[PDB]
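Going down the sequence lines, the chains are called A, B, C, and so on. Chain A is numbered as in the PDB entry, which gives 60-104, 107-194, 202-277, 286-414 for the residues shown. Per the PDB entry, chain B residues shown: 60-101, 106-193, 201-280, 284-413, in order. All chain C residue numbers match the PDB entry; in order, they span 15-210. By the PDB entry numbering, chain D shows 15-210, in order. The displayed model is a subset of the deposited entry, and contacts were enumerated within the subset. All values below come from the heavy atoms of this structure, side chains included, with hydrogens, waters and symmetry mates left out. Start at 1 and go down the list; that is how both ligands and their atoms are numbered.
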Amino acid sequence: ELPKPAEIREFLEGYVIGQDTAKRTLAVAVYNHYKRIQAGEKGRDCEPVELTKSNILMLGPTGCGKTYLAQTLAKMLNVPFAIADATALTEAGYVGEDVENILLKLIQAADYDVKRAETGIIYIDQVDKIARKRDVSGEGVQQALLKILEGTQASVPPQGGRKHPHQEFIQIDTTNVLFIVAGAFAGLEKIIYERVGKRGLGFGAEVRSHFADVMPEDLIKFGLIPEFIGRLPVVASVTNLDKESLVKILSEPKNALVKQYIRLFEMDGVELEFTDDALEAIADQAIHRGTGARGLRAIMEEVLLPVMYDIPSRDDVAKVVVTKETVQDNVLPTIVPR
Amino acid sequence: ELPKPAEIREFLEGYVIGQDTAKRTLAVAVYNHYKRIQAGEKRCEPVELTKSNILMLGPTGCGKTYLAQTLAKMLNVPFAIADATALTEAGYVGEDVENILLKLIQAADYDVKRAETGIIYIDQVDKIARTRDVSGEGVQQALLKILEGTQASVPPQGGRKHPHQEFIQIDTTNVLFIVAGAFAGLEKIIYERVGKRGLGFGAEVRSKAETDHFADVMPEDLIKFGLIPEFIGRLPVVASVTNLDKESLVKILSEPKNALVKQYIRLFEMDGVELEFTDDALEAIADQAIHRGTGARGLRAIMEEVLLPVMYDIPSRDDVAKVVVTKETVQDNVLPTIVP
Amino acid sequence: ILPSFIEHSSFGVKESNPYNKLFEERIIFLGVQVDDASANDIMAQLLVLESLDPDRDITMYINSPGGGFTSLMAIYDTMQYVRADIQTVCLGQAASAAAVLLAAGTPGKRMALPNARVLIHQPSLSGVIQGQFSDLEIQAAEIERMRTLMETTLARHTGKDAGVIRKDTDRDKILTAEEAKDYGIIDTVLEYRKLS
Amino acid sequence: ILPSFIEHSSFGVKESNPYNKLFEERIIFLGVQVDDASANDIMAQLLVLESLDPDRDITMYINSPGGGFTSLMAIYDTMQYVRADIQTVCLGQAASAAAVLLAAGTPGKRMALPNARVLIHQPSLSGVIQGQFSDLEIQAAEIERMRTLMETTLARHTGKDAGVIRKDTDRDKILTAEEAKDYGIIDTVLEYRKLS
Ligand SMILES: Nc1ncnc2c1ncn2[C@@H]1O[C@H](COP(=O)(O)OP(=O)(O)OP(=O)(O)O)[C@@H](O)[C@H]1O
Ligand SMILES: Nc1ncnc2c1ncn2[C@@H]1O[C@H](COP(=O)(O)OP(=O)(O)OP(=O)(O)O)[C@@H](O)[C@H]1O
Ligand SMILES: CC(C)C[C@H](NC(=O)[C@H](Cc1ccccc1)NC(=O)c1cnccn1)B(O)O
Ligand SMILES: CC(C)C[C@H](NC(=O)[C@H](Cc1ccccc1)NC(=O)c1cnccn1)B(O)O
């Protein structure tokens, strides 16, 4: 089969709005992952090449669809997928989660079949929050993931084959296991701006008034060891969502935001509607909310808070959120049944 | 007899470009390992040989693991890729340092007398360094008995030690221990002694684009790094992996057996589209990879960045050739050689 | 007395004046005599505020008796240099060199409070410069170059002829705020905005 | 008075005075008289900024009235020693030693401001140095050593003959910025860059 990167992105467009460079990256790299499977499992020359993965580092502000673009990507993979956080991970030793339990999440996602899990994709979320300036959960997780991100014959420390008291370990080769890692890297856009921005001062030097020009020296100045960035050659560059994307995130995707509020009011038998000026007014107050598309919910929970209280105590059929209800709190139109 | 160091070298040269000092070492040291195992059958011999373990130093992505993965492919001796970050001091959770012997015994197919003549590559021992520190300095404490040679009781459970079981008794007085690490803060420590000051009159201040080759390294610099003095003396051989220049990185792209350009030409051939590069493009890719500063891994960071608009468009089209130029490296576009 | 706390936070001994609050809102404060150390301070703040945002207007408050000419032209050039427009506000007085800095604001953005005075006069030598007559001919060609440069500076900022600045700054010409608006030093006598 | 701002850099909440902020952008500030205590400061800053990056240009702002000759040649030698090119900008006056330090910048990178003053003059003894005539013969051969060394220094940097420097620095030769550009103390008068 091998779905093309246009076909992978077309699936990602159904859920994720905006994010063109991140969807093209995560469609190309999944397609190269689908191609380096059945080239290491079939074999042909010339000069027969052992292919090597290109792991992905996703970078963009919160709410802008890093996890959600991986959860969307999770719904289409022919390969096993394991989502995991690095904030639970520690280096081998100390009390927290080991960096081979993220492999166990992939073994569990492959129905305990290692030959499918060697072809898997692991999504390590929040790798900006294992950042350094010893630290055993934010310096040593780089040191422990790096054998996993390059390929090693790792053995998962609990649960080898549904817990037999002999051989609690099963082997996994992480050479062909693609890793997509992500995080906001919130202080990094102040670090990148020191290089590409050139905030100059004084007589002479030019004075001036984000995640697409990311060199590894910025990630070291963010605090990440130089070995860890080399295992992550691909930067996906998730972008900040403008007003025009956040209007579409309300209504265009499959599990869109206003689609799951009109679902909530249909459980009250009430047809919730939005004027198009109201959807703009919600997205006007979400870019100022500063948390991405997660702030689109924060507006619509307080626009609809007096509505969601009294409407299930009433008999109505249609509720229309006009733009006057969003910019300031306004009364309810409430088309009565008829 | 028992492949010569020049013969081990020319196998390593088929995969690894550059690092001539760290390929003479690991050819000499593997040949000295072979001569020590050849002397493991005796006639008259009144002198016994020792390990001469290897501490291999070099910057990131410049080939230390890739030297060991290449050295795995020729070795006639069991070979374990260990990792020092996976290890923890005994009595503590995580793996213990007898797992790396089990990985050698597993590599010897549970033939212990073959594993007693083995080679273990412990990857990233710069990450065991400087309140107990069970995963850092305590690993070096537990590992020095393994390096110098001991009767080590290895649990066949899988690697997690627990006091009761039958064990696997292995003797590591003939097991070679190549160890490696990036040692990312060590070139400043070396520069404090062999170099002049970084400041002031009569000093040598350096540009930001210019690593020491890790060839002036001494245990005075390695104790100040975080290695205990006991761990370093059990690693007598210094292997210096160097930072790859432009002339090496243009060769790492196209020359070795699983070369990086050969990987992508394989990827585009599965789209039925021939990928090829101008030589000016491969020099431009190796230009920007020194600016990445992650070794030969920074080459892949550009080849994915250069070919990202390409690999989206090419599988949806019908082409025959692609011709990537310097202009397709410094400016993101796509321009194939559209099929007649 | 100036009320000011020190927050520490184990990162600094961080000081908080009301002047730090004014400087955060891009208000540079010339409240002392324009000497080298004052001019050195003001120019460093003009270049910081140009770098922080070269689009937002720097505001310069002027309550100053005025001082040295080269310290004047140090501040003057750094005002005229930066990409930010400069809002000069006169507080109480802008005398001698400080009236030149008051006129050196961006046109339309030169303010004075209603009871502020603007004192313009020709350059002087504070004290006696001794020397041979060849030295004094140099020092007097200098004070005429300083006088001509001050007049042509006040010519290009008040819209007056430089010879009109000669006849007006022959003695102390103290202007009020409204008289400095008619003269061209300021553009707006700043109205009070009290609630009551 | 110098108000202090806060910079939200890679860290944030970092209290900074405008002079630390100049030095962070590699601007060494010579605003005080060139004496030993000032020269000690500038040479320490020239060596720190060479060590931080020897390739990026150090900028030196000069608002100095000039001063001691050995303090001059202390700064001068350190400006010439460092691997970084020195960008001298004159802000107000550069008199005596300061104009020599103004000319001491990297060719192409010596600036003044349009109303900056460049005052070159021969060395002078501050006050009467007394002693026997053998002592005074030493001290006078020393100020001729200082006078020749200053003119040899200004000959290297202005492109003029040292005898031409000697005729010009007979008295106080005051140059404006356009006159110091034609002389060779600077080579850029540095037009203002205000957006209005
Ligand atoms: N580009 C997008 N298109 C559609 N919906 C989006 C997009 N980005 C975010 N969302 C919505 O916002 C919610 C959060 O998305 P996501 O988890 O990707 O944020 P994030 O950037 O990963 O958060 P953080 O960076 O704080 O971990 C999701 O439920 C999703 O529905
Ligand atoms: N000299 C070389 N010749 C050919 N390829 C190289 C060379 N050096 C590095 N590479 C390529 O770079 C990749 C990474 O090499 P390797 O696994 O040795 O990383 P490393 O630099 O040792 O990382 P670390 O220093 O963190 O252990 C390999 O896949 C290899 O193909
Ligand atoms: C009118 C403007 C230009 C300035 C007025 N006075 C001057 O011109 C000042 C008066 C002054 C102040 C301090 C020290 C020495 C001299 N003139 C000078 O700065 C000055 C300095 N050196 C030589 C000649 N004039 B103001 O300070 O009264
Ligand atoms: C012209 C340049 C070289 C410097 C000018 N004058 C000098 O040369 C200075 C003037 C000065 C300054 C402070 C203290 C004593 C003397 N000369 C000297 O520093 C000096 C010091 N010791 C002996 C002889 N001259 B400037 O300070 O006016």
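- The molecule at ligand 4 is the drug named bortezomib.
- Tallying contacts with bortezomib (ligand 4), the largest count belongs to the chain named in UniProt as ATP-dependent Clp protease proteolytic subunit 2.
- Every other chain with a heavy atom under 4.0 Å from bortezomib (ligand 4) is listed here: D.
- Taking a cut-off of under 4.0 Å to the non-hydrogen atoms of D:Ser140, the atoms of bortezomib (ligand 4) that pass are 10 (C), 11 (C), 12 (C), 13 (C), 14 (C), 15 (C), 16 (C).
- Proximity of D:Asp49 to bortezomib (ligand 4), defined as any heavy-atom pair under 4.0 Å, is not found for any part of the residue.
- Proximity to D:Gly80 (heavy-atom distance under 4.0 Å) selects the following atoms of bortezomib (ligand 4): 27 (O).
- In D:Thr183, neither the side chain nor the backbone holds a heavy atom less than 4.0 Å from any atom of bortezomib (ligand 4).
- Compare D:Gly81, D:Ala109, D:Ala111, D:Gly82 by their heavy atoms: the one nearest to atom 6 (N) of bortezomib (ligand 4) is in D:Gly81.
- Applying a cut-off of 4.0 Å to heavy atoms, one finds the binding site of bortezomib (ligand 4) to be D:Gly80, D:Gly81, D:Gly82, D:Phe83, D:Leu86, D:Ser110, D:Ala111, D:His135, D:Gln136, D:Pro137, D:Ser138, D:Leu139, D:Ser140, D:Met160, D:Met164.
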May I have the N/O to N/O pairs between bortezomib (ligand 4) and the protein that fall below 3.5 Å, each with atom names and distance to one decimal?
residue, atom, partner, partner atom, Å
bortezomib (ligand 4), 17 (N), D:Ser138, O, 3.4
bortezomib (ligand 4), 19 (O), D:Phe83, N, 2.6
bortezomib (ligand 4), 27 (O), D:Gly81, N, 3.1
bortezomib (ligand 4), 27 (O), D:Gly81, O, 2.4
bortezomib (ligand 4), 27 (O), D:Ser110, OG, 2.5
bortezomib (ligand 4), 28 (O), D:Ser110, OG, 2.5
bortezomib (ligand 4), 28 (O), D:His135, NE2, 2.6

